[PDB]
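Quick look: caffeine on Ryanodine receptor 2.
Below, chains carry the letters A, B, ... as their sequence lines are ordered, and counting in each starts from 1. In listed order, ligands and their atoms are each counted from 1. Cropped entry; intra-crop contacts only.
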Amino acid sequence: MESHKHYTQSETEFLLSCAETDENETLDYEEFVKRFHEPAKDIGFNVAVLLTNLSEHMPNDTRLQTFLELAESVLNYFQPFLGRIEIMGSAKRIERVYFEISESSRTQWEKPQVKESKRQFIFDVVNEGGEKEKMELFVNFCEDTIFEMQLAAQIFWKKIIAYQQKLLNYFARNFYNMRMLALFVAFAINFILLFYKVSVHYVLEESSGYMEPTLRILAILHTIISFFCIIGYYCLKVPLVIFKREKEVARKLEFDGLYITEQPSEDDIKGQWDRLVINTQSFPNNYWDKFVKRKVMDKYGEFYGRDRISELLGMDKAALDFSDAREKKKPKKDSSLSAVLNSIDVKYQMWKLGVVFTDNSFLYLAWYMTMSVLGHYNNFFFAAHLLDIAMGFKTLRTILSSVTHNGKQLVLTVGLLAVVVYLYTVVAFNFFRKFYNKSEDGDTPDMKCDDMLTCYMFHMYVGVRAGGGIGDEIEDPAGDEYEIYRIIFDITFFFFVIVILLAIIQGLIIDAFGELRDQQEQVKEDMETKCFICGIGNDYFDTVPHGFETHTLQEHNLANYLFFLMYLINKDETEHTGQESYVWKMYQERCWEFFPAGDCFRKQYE
Amino acid sequence: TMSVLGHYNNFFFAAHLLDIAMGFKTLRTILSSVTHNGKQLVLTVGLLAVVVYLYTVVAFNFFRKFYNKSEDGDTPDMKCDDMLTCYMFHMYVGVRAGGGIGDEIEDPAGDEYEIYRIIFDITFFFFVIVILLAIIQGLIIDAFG
Ligand SMILES: Nc1ncnc2c1ncn2[C@@H]1O[C@H](COP(=O)(O)OP(=O)(O)OP(=O)(O)O)[C@@H](O)[C@H]1O
Ligand SMILES: Cn1c(=O)c2c(ncn2C)n(C)c1=O
Ligand SMILES: [Ca+2]
Ligand SMILES: [Zn+2]
């Protein structure tokens, strides 16, 4: 470490003196650091935050600057672990609070699925909903995100259970890369299928060989990879959605009191389905609070007789159970039988299956599995997997969303086109039947206007697609009996059906695509030019160099707020400081005005 | 290099006529716009190729007999016999045709696949001609604007 050159000679000899004396001219740096650094870090973190607080609160203090320059090392070391939050409601002034952030929490935040959830949440909150419920949406996002990062950190019978759990965790971890592998193998199998020729038999031996065996291998490999993808999704993202649904129904029971006072409406099929889980054994399987049943019963039983409530929630009397446990805790343990019969709650499993099947992404994966099975039945069905690139890429997803964004108006315009084509059809059928002859030879004429159904189907199929209209696909009206009438007919058809209605139909989708692109660009611009927490203008921080960068990095940071919530949850309630306890009580009462939505620390003082 | 190749064959001097694009600002703007949205343009072209491939496999499986280009009663020129030929034909002809793929194939008078073939042609015209090609054109026009 003299070659390392981290200290001066005095510090080197001090470290030698404090070094473990092996009495054999040796030292064990592992045990040395384990003994010294950890208490040093845990105790000096408070010193570092004290110096940081003094520096931020006390400007233009030369002595304090000397202390900071002497303590540069500790501040630099603890800079990643130091988190800063601004709170408005504290004494009606903006106040800065400092806390500790774990490197494990930072890594879990950097996990890819957490980042994907973050970007989806930001898009949802910025594009729609405004800022009226922005704080509530942010708090819900924080709860779901900390649950997601806890799940990620989590990611002979005992041996096999451990092995299968490890396999499931591996699939959950490698869900995305295996998804890309599935896309690549789908592209390869489609490339192989491209060399197909009819002989009724669909012979693929266009080349010398080595195509059918590898095609079969790629098909079975694709099916296996798709099954593994669905397993990984089930063990990765299903817990998050079921946790969200359980939280929603539990909060409805607590605050709204849905299944207690007034039953959900019949149109609320989601509420009707959720009625099934409010009475099973493990209702809050993923929700952190397992006492929601006791809370709702203590809330409403004294008014509703406690008996209907006890029956509808199960478990009988929560108050009686709590009293019995408090008087004497159950001094026994239930042995885990190997061949235990129906240990799981069948009703809860049915509810979970219902919600995961109503989920959209799981439906897409089920469709992928079905397409793979149909591809095994007939190899040609693998072409449907080529549309996964639309999900993969954002622009293609934007086009697929735009094709349905204006669905109602598009359907109405198509209906109007059908109606006007029908009117032209009946006019032609009544007056211009003889002109619709497609027989090029003097053989039996092919009148398309003899029958109304045929005439209308012909009009819709041909006139709309034709650039010139209907007049370009029928005999010219040389006869003077209907010359001008037929010409006006054709011109009106061309004007109203070709260059107006079809133009509007095209413009609806093109404008939907443009509007979606503009919305995404506007979300990005807002994120770049305003602060999520407070909303102060970008220029005010730009008054100083990189002022907005600093404000969004350390002053108001979404990760910092999430880590502060995690810190409050992890800390013991008795150990909470004044500001921490106030914020915790506010979060419990669901008020959410501690966020400095109005002002900032700088506008408060400097 | 173009001048040297022009000495090798005088006809290579035609490539120098593109220097006006560098010379004038508006022409340079068009040449920059043709690549400003390059990533999205490539993605849209890929989506067009994918959808044309899907229509190709559908036609190959069900509507092979309609793709006859033999005007005389001589040996039929089936363009749908081979998948590679059918897909290349679709990409080359259906995209360029204003009416879609139904205007370059035999009309489905037979009742066995009348409605199926008509829906096929209408969907091809709607999704490939008046949507995807429109988006591809609009990308470059909007980049120029
Ligand atoms: N907590 C915040 N408050 C206010 N503005 C913020 C906050 N976090 C980020 N921003 C702003 O959002 C801009 C876009 O960066 P953002 O932090 O949203 O994405 P990123 O983390 O860099 O990207 P990615 O998720 O792709 O890795 C930043 O330049 C910053 O101005
Ligand atoms: C009170 N509380 C929470 O509020 C919480 C939590 N996990 C997430 N959240 C939001 N846990 C475990 C918890 O005890
Ligand atoms: Ca205390
Ligand atoms: Zn801010």
Place of caffeine in the structure, all copies: ligand 2
Neighbouring chains of caffeine at under 4.0 Å, heavy atoms only: A
Ligands/ions near caffeine (< 4.0 Å): none
Deposit source organism: chain A: Mus musculus
Contact residues, caffeine, heavy atoms 4.0 Å: A:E143, A:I146, A:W288, A:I569, A:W584, A:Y587
